[PDB]
J.: 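Below are the structure tokens for one structure; questions will follow.
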Protein chains: 4
Amino acid sequence: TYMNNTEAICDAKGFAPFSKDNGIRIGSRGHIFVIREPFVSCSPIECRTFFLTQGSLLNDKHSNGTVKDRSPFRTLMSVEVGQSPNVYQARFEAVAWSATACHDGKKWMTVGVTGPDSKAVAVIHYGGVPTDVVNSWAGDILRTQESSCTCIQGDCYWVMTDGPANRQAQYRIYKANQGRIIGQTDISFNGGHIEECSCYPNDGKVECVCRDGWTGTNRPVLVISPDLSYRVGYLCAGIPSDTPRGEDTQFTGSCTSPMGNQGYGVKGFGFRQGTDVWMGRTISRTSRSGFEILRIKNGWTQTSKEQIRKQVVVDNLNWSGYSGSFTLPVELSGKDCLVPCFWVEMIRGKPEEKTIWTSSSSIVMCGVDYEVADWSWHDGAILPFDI
Amino acid sequence: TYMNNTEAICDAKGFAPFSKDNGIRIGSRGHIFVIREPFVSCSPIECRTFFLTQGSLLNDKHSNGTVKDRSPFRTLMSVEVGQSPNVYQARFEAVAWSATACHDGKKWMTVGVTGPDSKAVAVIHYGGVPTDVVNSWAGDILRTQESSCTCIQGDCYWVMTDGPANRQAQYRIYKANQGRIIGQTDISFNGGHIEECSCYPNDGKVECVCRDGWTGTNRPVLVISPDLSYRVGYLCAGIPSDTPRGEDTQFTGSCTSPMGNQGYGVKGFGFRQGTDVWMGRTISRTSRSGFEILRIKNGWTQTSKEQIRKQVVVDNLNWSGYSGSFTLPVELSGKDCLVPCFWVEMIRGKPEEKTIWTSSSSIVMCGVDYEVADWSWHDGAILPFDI
Amino acid sequence: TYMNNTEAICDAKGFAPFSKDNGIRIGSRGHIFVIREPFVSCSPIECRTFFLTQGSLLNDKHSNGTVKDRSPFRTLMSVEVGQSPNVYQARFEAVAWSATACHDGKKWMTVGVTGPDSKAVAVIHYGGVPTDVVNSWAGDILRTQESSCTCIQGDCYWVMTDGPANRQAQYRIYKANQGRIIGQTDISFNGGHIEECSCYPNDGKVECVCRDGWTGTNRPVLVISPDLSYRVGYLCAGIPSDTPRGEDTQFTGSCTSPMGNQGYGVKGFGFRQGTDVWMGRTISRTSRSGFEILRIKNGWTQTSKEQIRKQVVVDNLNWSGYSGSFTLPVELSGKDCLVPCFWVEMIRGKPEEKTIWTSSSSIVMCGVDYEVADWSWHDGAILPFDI
Amino acid sequence: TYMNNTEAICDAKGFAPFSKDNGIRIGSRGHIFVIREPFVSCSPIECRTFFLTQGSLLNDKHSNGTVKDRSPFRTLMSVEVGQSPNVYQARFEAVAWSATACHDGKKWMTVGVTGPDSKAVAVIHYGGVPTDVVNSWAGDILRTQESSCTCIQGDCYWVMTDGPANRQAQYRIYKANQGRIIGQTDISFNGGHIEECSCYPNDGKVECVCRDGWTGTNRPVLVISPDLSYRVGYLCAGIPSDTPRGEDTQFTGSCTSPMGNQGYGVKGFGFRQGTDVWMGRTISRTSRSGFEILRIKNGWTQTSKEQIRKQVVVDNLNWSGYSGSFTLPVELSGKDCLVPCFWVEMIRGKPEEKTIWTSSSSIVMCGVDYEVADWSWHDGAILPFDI
Ligand SMILES: CCC(CC)O[C@@H]1C=C(C(=O)O)C[C@H](N)[C@H]1NC(C)=O
Ligand SMILES: CCC(CC)O[C@@H]1C=C(C(=O)O)C[C@H](N)[C@H]1NC(C)=O
Ligand SMILES: CCC(CC)O[C@@H]1C=C(C(=O)O)C[C@H](N)[C@H]1NC(C)=O
Ligand SMILES: CCC(CC)O[C@@H]1C=C(C(=O)O)C[C@H](N)[C@H]1NC(C)=O
């Protein structure tokens with residue numbers, strides 16, 4: 001049957017380590033897929049780690065990295081959370097250089113985008129077989145979440161962006177049941193920018209915290225009602241969570257507009273806790289080095305700067321990277337609310353390091369009604385490799 | 001229970017990428033089977049990729065290739081579509097240097113041919129265990145489809161050829177239920193030649209588009225009625241789909257006879273769409289380099305040359321090869337018709353390249369009621385290998 | 001539920017190739033267990049290949065072979081028939097340097113013998129967990145079948161030998177239900193010798209064809225009635241099936257006594273067909289090179305020399321070795337009789353070859369009501385290896 | 001449903017070999033996890049071997065060992081008992097540098113401790129997903145069993161230690177149902193020390209035999225009643241079972257207090273048999289070389305020195321190490337009592353050997369109502385490795 005997922009996000013005080021694949025270290029001798037963007041999504045039986053592969057393995061000439069991101073070899077695959085992205089325990093999902101996946105309770109729905117930048121194609125899989133298609137609607141790198149989509153009472157939702165990485169772009173919300181598209185919307189957000197949204201269900205609505213690659217240091221936020229009606233803006237909090245960014249000390253939070261002249265960005269997440277908010281962010285304000293998560297009182301609905309909790313998961317002397325959100329199905333947690341969990345990707349090799357390749361590990365963290373001590377669960381690999 | 005498969009083929013405007021194994025690239029460091037003819041067949045649960053192995057792995061001395069095609073090491077194995085043909089996720093099907101497989105809805109039926117050329121033997125497996133046998137009936141390399149067979153309401157059908165590769169040969173249609181042969185027919189086709197048929201179910205009849213290795217540039221076609229009564233000939237279309245071939249400009253299509261003095265050939269497919277037809281063909285008219293698929297209006301029943309659609313899946317600067325047909329079970333697609341899908345094998349290494357070995361990758365494409373942009377999902381491997 | 005297995009063996013005219021692992025070739029680059037005695041047994045779902053491992057992999061220093069047969073590293077493991085004995089698809093059965101296994105229809109029962117030669121211990125596993133034990137009863141290398149045991153209507157039977165390899169030894173028949181021993185017998189056979197029996201069910205009785213390592217060129221035979229009452233002797237046929245052996249031309253068959261002063265031997269099998277008999281034997285009369293199977297008219301009950309069929313499975317220019325018997329569960333074959341199948345082990349490396357290691361491949365053959373052409377499905381590996 | 005486990009431990013006369021992974025030997029060429037503390041726990045379907053990994057593989061630079069025990073890469077994983085801890089058949093359990101696991105009959109409950117020594121965190125997983133948390137309660141390396149926990153009628157119990165390795169420390173007993181903590185107790189044991197307890201169910205109470213790292217040569221023992229009421233002390237027997245230790249000849253057993261000025265220790269086990277007791281211990285009184293198990297008459301409740309049985313499982317010329325206890329579910333054994341089983345870890349490489357790495361194999365032994373001959377099932381690896 002279908003996963004209801006109409007409950008509220010559980011109010012957590014800190015997060016506990018779920019898993020850690022240690023893919024890259026293992027990849028020194030094992031046959032591990034040189035991967036990227038290892039997001040986590042769960043079914044009512046297990047949580048899997050999805051990732052993008054370049055058809056090559058670590059420590060192999062084919063990992064040269066000079067291969068473009070959106071190459072024709074890029075495929076989406078997965079493994080049970082915590083398992084390294086190894087060739088022998090991997091499952092083929094879809095052909096993609098940008099994807100998203102979620103389980104509605106019965107079958108798995110993946111969405112892989114592939115094809116030319118000017119006319120990319122997004123194929124929707126369901127049950128391990130393509131069911132529907134979304135063609136580029138603006139001829140400029142059709143892309144999506146890079147993290148779990150959301151299914152509430154059978155219908156699954158996800159957000160896509162078609163347009164430039166700098167200036168305006170066009171965003172849309174797709175809705176689908178059993179692999180087939182049943183509706184969609186255009187998101188009006190002039191002056192605003194949306195990319196790689198980290199969504200989760202909360203009170204029968206799809207809450208996402210995204211990335212502003214145009215002019216946003218604070219992250220855009222968009223609550224999606226089951227009828228595709230929606231609400232867009234930014235995380236109110238008077239504290240910048242995007243990377244790069246300026247000091248918090250110079251940031252006046254804003255609920256409706258981007259702030260900081262910074263233009264670039266990085267994929268992050270955020271979890272609303274009533275009116276408060278758990279926001280994640282690299283420790284470095286410039287490099288993708290370090291990962292932490294702060295709880296800002298009333299920060300979901302106020303330019304609050306009132307930090308009530310802080311917990312580091314990757315110290316600032318270690319490489320961080322992408323990070324996404326997802327929820328534990330109630331059928332696995334046993335709680336009456338949806339436990340909030342996230343993952344931190346850990347990029348190793350180029351550009352910051354001197355190796356011909358580039359990949360990343362990850363650690364998964366979950367809700368918990370306790371306060372968890374700071375620590376660093378970094379990659380640990382030893383570069384350079386045999387090459 | 002049994003898969004009905006009595007529905008009509010879905011009318012598609014283009015095809016979307018299903019999967020891509022990237023076996024050869026992976027095989028640079030992984031333990032991938034040096035394989036060939038990686039056809040796809042689906043059960044009411046999953047689609048698997050079948051392939052032939054020479055008992056050797058890529059980057060190993062045993063891949064020397066000097067080993068004959070029809071050697072005693074040739075075994076048929078499989079993996080879930082999209083997965084590389086690796087040793088650790090592979091399943092043993094049957095001993096064969098020519099095979100076919102299909103799922104009737106309950107168990108898997110494979111057919112592997114092995115043995116001496118002059119007295120080869122075809123063993124029918126069902127449930128992962130031999131049930132019946134077909135001995136060479138003409139003493140000249142007994143062979144079969146190299147792609148999915150067809151099961152309609154419990155009974156599965158497939159076509160075999162026993163005789164020379166040039167001149168006439170003898171062809172037959174076998175029918176079987178639960179692994180045991182329940183009937184057969186001889187196909188009268190004097191002047192005509194049949195090899196490696198790509199079949200699919202359509203309106204309770206088995207439609208196949210085959211290969212003419214004698215004198216055919218256009219491909220032979222044979223509709224098989226459930227009672228082994230049948231119809232044979234050629235794809236009508238005024239456009240040559242076999243390789244090698246001459247220009248379309250010099251080809252007068254023919255519904256009943258082969259045309260073009262070309263004698264060799266390559267395994268291809270074709271899908272009837274009402275009266276129209278989706279035909280596949282290497283882009284090069286001589287080399288097995290490039291892959292495309294054209295929709296010819298009324299081309300299934302008329303010497304039509306009226307092209308209504310074209311979509312390249314492997315540009316002409318990349319190696320192509322074999323290609324077959326299959327259908328998505330309605331139990332996976334959800335549609336009320338049978339979605340048409342195919343696979344393109346991508347040969348690397350000898351003969352066109354300077355390496356001691358020879359193998360191939362593949363990409364799977366499926367129906368879809370949308371128009372998909374041209375692109376190239378080629379192998380990508382970097383030859384030569386460590387050797 | 002339990003597998004009845006009370007039916008008669010199917011009358012076959014020849015055998016068809018079931019599978020071939022190609023382990024050793026694959027083992028050149030893959031991670032394949034350096035193994036030995038790869039017997040096959042089937043459950044009402046699948047047939048698996050059991051084998052003995054020395055805890056080492058091919059192409060690794062640990063394969064040095066100088067390690068004794070009955071070493072403490074010897075463990076019994078398995079894989080689905082046709083799959084190589086690779087580390088990643090293997091299942092742990094029991095600790096053993098001599099074993100046997102059979103499925104009663106519900107769970108798997110394995111029997112592994114390990115320990116010191118003078119006080120070896122045989123542990124009976126059932127459901128993947130030890131249930132009972134048989135201690136050496138004569139203080140001289142307690143050993144067993146090296147091939148499938150037999151289960152009829154829930155109770156499983158197998159034969160063991162405790163004593164010297166030359167002179168007399170003591171033999172016994174054990175019977176067990178759900179992993180626990182429910183009875184046993186001593187086999188009186190003075191002047192006779194029994195080792196590595198190849199058993200199969202036939203008409204509610206357990207028929208075995210064994211090995212005479214004392215003075216037998218013809219093979220001992222022992223029909224076991226469900227009540228442990230039994231019958232022992234030799235294959236009547238006027239043709240020697242053990243290896244080494246003398247010419248058939250100098251062999252006067254004998255139903256009750258061994259013949260030929262040859263003392264050594266090799267594990268073989270035989271299938272009764274009414275009164276006839278299918279006997280297997282290496283082609284060489286001295287080396288374990290080559291494998292063939294002859295059908296002798298009335299040879300099961302008469303000193304017959306009347307050969308009605310011959311089919312080679314491994315030519316005489318290729319290494320052979322052990323060979324065992326088993327039957328296809330009726331739940332897999334679908335027949336009303338028990339299809340007779342066997343396996344031929346193919347030894348490579350020392351002693352006949354110049355490599356530091358020793359292992360073997362195998363091909364599985366099954367019943368079939370047709371006549372199958374002669375051919376050779378030999379190992380194919382290329383020695384020596386990287387070492 | 002839930003596993004009752006309210007039965008008494010079966011009275012065994014000796015133990016029989018269950019399995020042996022041969023991980024390290026295999027690891028010479030295979031992709032085996034450099035592991036440690038490979039304890040065994042069983043579900044009502046299978047017994048699995050749990051182990052700790054350092055995110056590295058054998059024969060890889062990452063196995064340098066210089067990495068601290070309680071590093072952030074330490075994760076808990078598992079495989080079906082007897083299988084080596086290889087990357088391709090492993091399952092991710094929890095992030096930990098100290099763990100425990102048990103199956104209540106429905107789902108698996110694992111407990112992994114990770115984090116800083118001064119504020120470590122123990123995450124309880126259930127169903128393959130974190131459910132509850134235990135924070136360090138004394139700020140000094142929060143740790144646990146390193147062997148199977150215990151579930152009786154749905155509720156699972158385990159013991160933890162927070163405090164110094166020498167002097168006093170604080171111990172507690174946790175109880176949990178379906179992954180969530182439902183109660184706990186502080187163990188009063190002044191002058192006494194408790195670490196790495198080997199527990200098992202016996203007569204509806206949890207019996208554990210632990211380690212005294214302070215001043216104990218005899219092992220502490222603690223019977224836990226379902227209501228967290230309990231009983232603590234030491235194995236009465238007038239024979240020392242901890243390592244290092246002095247001679248038995250100088251040991252006056254003690255039921256309530258530690259004896260021998262030895263301070264260090266090693267993880268061992270013990271099984272009560274009525275009033276008797278099966279105690280395990282390294283053969284060497286100083287090195288972790290050798291493994292044996294003695295049955296002391298009345299030794300569970302008397303300073304008895306009356307040895308009734310002895311059986312060596314690893315001779316004294318071979319490296320031994322940790323050892324734990326567990327029980328065969330009645331649903332696997334079929335008995336009316338709980339069969340007692342244990343595992344012996346076999347440490348290879350540093351410190352006793354000259355290699356840059358450190359790991360261990362293991363052999364599993366079980367109850368049995370027979371007397372099993374002495375023998376040595378040691379690791380067998382050949383050090384040093386390629387490195
Ligand atoms: C096209 C812009 C888009 C959003 C910033 O770029 C992403 C940034 C990335 C990055 O900043 O590391 C990696 C993603 N693979 C890429 N997405 C695609 C489809 O190429
Ligand atoms: C015997 C002629 C037959 C049809 C042309 O040859 C095929 C052509 C092939 C090819 O053109 O690449 C490869 C197939 N492995 C082969 N089939 C067999 C059984 O050897
Ligand atoms: C002890 C004699 C016995 C029967 C001849 O030897 C077998 C012969 C063998 C052989 O001839 O190759 C290999 C078997 N591994 C061995 N069995 C044991 C237990 O060592
Ligand atoms: C903190 C003391 C504790 C009990 C003696 O140490 C153990 C001894 C060990 C040992 O003696 O080999 C290895 C264990 N990995 C270690 N536990 C932790 C958590 O580090």
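Residue numbering restarts at 1 for every chain, and letters A, B, ... go by the order of the sequence lines. Atoms within a ligand are numbered from 1 in the order they appear, just like the ligands themselves. How was it done? The header gives X-ray crystallography, 2.6 Å.
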J.: Which drug or drug candidate is found at ligand 3?
T.: oseltamivir carboxylate
J.: Look up in UniProt the name of the chain making most contacts with oseltamivir carboxylate (ligand 3).
T.: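 Most contacts: Neuraminidase.
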J.: Going by heavy atoms only, which other chains approach oseltamivir carboxylate (ligand 3) to less than 4.0 Å?
T.: C
J.: Which protein heavy atom lies closest to atom 15 (N) of oseltamivir carboxylate (ligand 3), and at what distance to 0.1 Å?
T.: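 Residue, atom and distance for the closest contact: C/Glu37 OE2, 3.3 Å.
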J.: Taking heavy atoms and a distance under 4.0 Å, where does C/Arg70 meet oseltamivir carboxylate (ligand 3): side chain, backbone, both or neither?
T.: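 Only the side chain of C/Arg70 comes within reach of oseltamivir carboxylate (ligand 3).
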J.: Looking only at protein heavy atoms, which one is nearest to atom 12 (O) of oseltamivir carboxylate (ligand 3), and how far off is it?
T.: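 Ranked first by proximity to atom 12 (O) of oseltamivir carboxylate (ligand 3) is C/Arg288 NH1, 3.4 Å.
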J.: Would you verify that at least one protein heavy atom lies under 4.0 Å from atom 10 (C) of oseltamivir carboxylate (ligand 3), or report that none does?
T.: yes
J.: What protein heavy atom is closest to atom 8 (C) of oseltamivir carboxylate (ligand 3), reported as residue, atom name and distance in Å?
T.: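 Going atom by atom, the protein heavy atom closest to atom 8 (C) of oseltamivir carboxylate (ligand 3) ends up being C/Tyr322 OH, 3.3 Å.
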J.: Closest non-hydrogen protein atom to atom 4 (C) of oseltamivir carboxylate (ligand 3), residue and atom name please, with distance?
T.: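 Result for atom 4 (C) of oseltamivir carboxylate (ligand 3): C/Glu195 OE1, 3.1 Å.
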J.: At a 4.0 Å cut-off, with the gap strictly under it, does some heavy atom of C/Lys267 reach an atom of oseltamivir carboxylate (ligand 3)?
T.: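 False for this residue.
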J.: Under 4.0 angstrom from oseltamivir carboxylate (ligand 3), any heavy atom of C/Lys68?
T.: no
J.: When you compare oseltamivir carboxylate (ligand 3) with C/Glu196, is there at least one nitrogen or oxygen pair between them that comes in under 3.5 angstrom?
T.: no
J.: Among protein heavy atoms, which sits nearest to atom 2 (C) of oseltamivir carboxylate (ligand 3), and what does the distance come to when rounded to 0.1 Å?
T.: C/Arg143 NE, 3.7 Å
